[PDB]
Engineer: 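Here you go, one structure.
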Amino acid sequence: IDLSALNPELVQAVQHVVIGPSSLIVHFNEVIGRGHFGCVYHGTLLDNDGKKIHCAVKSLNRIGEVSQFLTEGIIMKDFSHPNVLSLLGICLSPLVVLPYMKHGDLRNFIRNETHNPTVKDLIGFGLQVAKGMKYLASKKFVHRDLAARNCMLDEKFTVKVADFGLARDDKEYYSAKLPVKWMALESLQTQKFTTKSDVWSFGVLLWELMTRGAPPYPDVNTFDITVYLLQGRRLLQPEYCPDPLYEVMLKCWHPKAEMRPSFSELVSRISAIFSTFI
Ligand SMILES: COc1cc2c(Oc3ccc(NC(=O)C4(C(=O)Nc5ccc(F)cc5)CC4)cc3F)ccnc2cc1OCCCN1CCOCC1
């Protein structure tokens with residue numbers, strides 16, 4: 001890369017979170033995942049006393065695409081919440097270094113046939129997500145792509161709200177590239193986004209949790225979802241979804257953004273629902 005050909009604002013930021021190349025071992029045959037524009041590798045981060053930290057290392061495959069890449073990392077830099085993915089740092093492709101998430105993404109986790117998360121566990125993951133979003137919303141950050149495929153799960157089954165960004169593999173869900181079936185009605189009609197539109201996404205995420213990762217509206221084509229919603233139609237109540245959790249989802253999908261619950265309300269109500277389970 002030619003550092004000169006990027007905004008000095010992005011440049012000094014990336015220097016506050018820099019990781020010297022000699023502190024980071026990237027294992028290049030050890031590919032976690034590779035999409036069209038980016039890839040992710042296993043990595044080892046050494047600290048100044050020699051202790052090894054297993055990490056994921058995100059990379060570009062390939063000025064514009066480099067400036068976007070670096071910006072995606074920099075956005076994350078000050079998120080510090082246990083339900084939001086954090087940045088370990090950036091190494092000058094430039095390398096964005098993330099903590100390793102043993103269980104990968106939440107959608108793949110809940111679809112895995114060899115494990116049985118209970119209805120309680122699934123509601124539990126939804127609650128963790130609500131807590132990460134309450135934090136993001138407190139910082140006035142709008143996610144715009146909240147979905148189970150963008151939430152990670154660590155060795156302690158802690159959910160980390162994240163966004164694969166350029167490293168998206170799973171791309172059929174986008175059609176601007178737009179995750180239309182997680183989108184609020186007014187984002188679909190205006191291509192504009194808010195915290196209340198993340199709330200709409202959140203309700204769809206909860207439906208993913210309760211169906212163990214079923215695809216939403218599978219008999220609806222990308223572009224047709226707008227008129228479907230305007231006809232007064234919504235996602236059906238999953239078989240094991242408690243009535244009050246389905247009522248939560250419906251409130252998330254209210255046509256008036258301002259009538260959707262806040263993430264603070266979601267946290268309190270879903271905590272109550274979750275506590276009712278043996
Ligand atoms: C595909 O599998 C994996 C991907 C991983 C990973 O990927 C990323 C996730 C997010 C970002 N974020 C980003 O690049 C950014 C982002 O996150 N920003 C952001 C946005 C909003 C927000 F609220 C917080 C952060 C774009 C910068 C970057 C990544 F590289 C990071 C850490 N560990 C991972 C482990 C994985 O599998 C382990 C194998 C698990 N198995 C399961 C069972 O079968 C065996 C395999």
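Start at 1 with the first residue, then count along the sequence. In listed order, ligands and their atoms are each counted from 1. So how was this one determined? The header says X-ray crystallography, 2.0 Å.
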Engineer: What is the name, according to the PDB entry, of the chain making the most contacts with ligand 1?
Structural biologist: Hepatocyte growth factor receptor
Engineer: Name of the drug or drug candidate at ligand 1?
Structural biologist: foretinib
Engineer: I need the residues around foretinib for my notes - heavy atoms within 4.0 Å, please.
Structural biologist: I32, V40, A56, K58, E72, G73, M76, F79, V84, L85, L98, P99, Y100, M101, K102, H103, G104, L136, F141, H143, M152, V161, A162, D163, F164
Engineer: Of the active-site residues annotated in UniProt for chain A, which is closest to foretinib, and what is the least heavy-atom distance, rounded to 1 Å?
Structural biologist: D145, 8 Å
Engineer: Return yes or no for this condition: an N or O of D163 is under 3.5 Å from an N or O of foretinib.
Structural biologist: yes
Engineer: Considering only the protein, which heavy-atom contact is closest to atom 39 (C) of foretinib, and what is its distance?
Structural biologist: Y100 OH, 3.8 Å
Engineer: Write down the UniProt domain of chain A that holds most residues touching foretinib.
Structural biologist: Protein kinase
Engineer: Please indicate whether any nitrogen or oxygen in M101 is less than 3.5 Å from any nitrogen or oxygen in foretinib.
Structural biologist: yes
Engineer: So, looking at chain A, which of its UniProt ATP-binding residues come within 4.0 Å of foretinib, heavy atoms only?
Structural biologist: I32, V40, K58
Engineer: Among all the protein's non-hydrogen atoms, which is closest to atom 7 (O) of foretinib, and how far away is it?
Structural biologist: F164 CE2, 3.3 Å
Engineer: Starting from atom 41 (N) of foretinib, what is the nearest protein heavy atom, named by residue and atom, and what distance separates them?
Structural biologist: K102 O, 4.2 Å
Engineer: So, regarding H103 and foretinib (criterion: nitrogen or oxygen to nitrogen or oxygen, under 3.5 Å), is there a contact or not?
Structural biologist: no
Engineer: Scan the protein's non-hydrogen atoms and note whether one is under 4.0 Å from atom 43 (C) of foretinib.
Structural biologist: no
Engineer: Any protein heavy atom at under 4.0 Å, with atom 46 (C) of foretinib as the reference point?
Structural biologist: no
Engineer: Tell me: protein heavy atom nearest atom 18 (N) of foretinib, and distance?
Structural biologist: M76 CG, 3.4 Å
Engineer: What's the shortest distance from atom 34 (C) of foretinib to any protein heavy atom, and which residue and atom give it?
Structural biologist: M152 CE, 3.7 Å
